[PDB]
Protein chains: 2
Amino acid sequence: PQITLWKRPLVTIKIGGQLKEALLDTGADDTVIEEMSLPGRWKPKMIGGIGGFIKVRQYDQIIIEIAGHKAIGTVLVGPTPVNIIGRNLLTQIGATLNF
Amino acid sequence: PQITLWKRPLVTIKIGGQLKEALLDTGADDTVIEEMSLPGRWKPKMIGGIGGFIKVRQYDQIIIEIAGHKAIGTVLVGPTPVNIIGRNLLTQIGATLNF
Ligand SMILES: CC(C)c1nc(CN(C)C(=O)N[C@H](C(=O)N[C@@H](Cc2ccccc2)C[C@H](O)[C@H](Cc2ccccc2)NC(=O)OCc2cncs2)C(C)C)cs1
Ligand code: NA
Ligand code: NA
């Protein structure tokens, strides 16, 4: 598919047995998901955005479907106002930026 | 070009006649450049993301070249951690996401 950028590039994702909306974000190294009760072990992490750092929980080998494309990798869970799909997962679904 | 996402999608920009490196960022509504001297009039604004808000200088109708492509639009200047080209200018250069 092709997604234009006139509006936020939001797609449906499936994670943890739940459907959510998330932003395909070429400017994010990592994938940040809103607070959700994922099972199993995690590692504390802090990640930085434009206004400073927040605390998140790092979960590895998490299965996530992005716009119908299966992916598996690390997901950072914490208090974000928007779910962000970063390059660690965008590469797995073969996403490019084109102009 | 077609840009893949195994590395950050950094390109060279020209702004105010000066070369800089910036990130092509589909998860950003706006374009935010590090503190610099820039010709044009500006007004104070705040912009937010992960971590909260920062104070910036809003410059409208600024000429910028992004990887060799021309855009003319709003540039926010302030203490961003990285130079970000957001959707307001990615649309101008005809960028899309594809997978
Ligand atoms: C839900 C609602 C609040 C929203 N508002 C928006 C519109 N807004 C404010 C933004 O687009 N704001 C932008 C932004 O930070 N976007 C973000 C998504 C977001 C949006 C709103 C609230 C929280 C996160 C998404 C952006 O790709 C930023 C860009 C960035 C890159 C490196 C360093 C600093 C920043 N990426 C990150 O947040 O993580 C970046 C990581 C840091 N180092 C490597 S990757 C820019 C202005 C920079 C979208 S959703
Ligand atoms: Na959708
Ligand atoms: Na860095």
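Chain letters run alphabetically, one per sequence line, in listed order. Going by the PDB entry, the residues shown for chain A are 1-99, listed in order. Since chain B takes its numbers from the PDB entry, the residues it shows come out as 1-99. Only heavy atoms go into these numbers, but all of them, side chains included; no hydrogens, no water, no symmetry mates. Each ligand, and each atom within it, is numbered from 1 in the order the structure gives.
What sits at ligand 1 is the drug ritonavir. Here the macromolecule bound to ritonavir with the most contacts is known in the PDB entry as Protease. In contact with ritonavir at heavy-atom distances under 4.0 Å, by letter: A, B.
Given atom 12 (N) of ritonavir, the protein heavy atom at minimum distance is B:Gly48 O, 2.9 Å.
Numbered from 1 in the order shown, with element, the atoms of ritonavir that lie under 4.0 Å from a heavy atom of B:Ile47 read 47 (C). The nearest heavy-atom contact from the protein to atom 50 (S) of ritonavir is A:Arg8 NH1, 3.7 Å. The shortest N or O to N or O distance between B:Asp30 and ritonavir is not below 3.5 Å. As recorded in the PDB, the organism behind chain B is Human immunodeficiency virus 1.
Looking only at heavy atoms of the protein, atom 1 (C) of ritonavir is closest to A:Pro81 O, 3.6 Å. Polar contact with ritonavir: present for B:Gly27 (N/O pair, distance under 3.5 Å).
Contacts with ritonavir closer than 4.0 Å are made by heavy atoms of both the backbone and the side chain of A:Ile50. If you number the atoms of ritonavir from 1 as listed, the ones under 4.0 Å from a heavy atom of A:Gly49 come out as 34 (C).
Distances between N or O atoms of A:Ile84 and those of ritonavir include no value under 3.5 Å. Both the backbone and the side chain of A:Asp29 come within contact range of ritonavir, each with a heavy atom under 4.0 Å. Each of the atoms 45 (S) of ritonavir lies under 4.0 Å from some heavy atom of A:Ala28.
Among protein heavy atoms, atom 32 (C) of ritonavir sits closest to B:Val82 CG1, 3.3 Å.
The protein heavy-atom contact nearest to atom 28 (C) of ritonavir is B:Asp25 OD2, 3.9 Å. Residues of other chains with a heavy atom under 4.0 Å from ritonavir: A:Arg8, A:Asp25, A:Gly27, A:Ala28, A:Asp29, A:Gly48, A:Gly49, A:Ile50, A:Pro81, A:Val82, A:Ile84, B:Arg8, B:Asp25, B:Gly27, B:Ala28, B:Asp29, B:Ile47, B:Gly48, B:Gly49, B:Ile50, B:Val82, B:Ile84.
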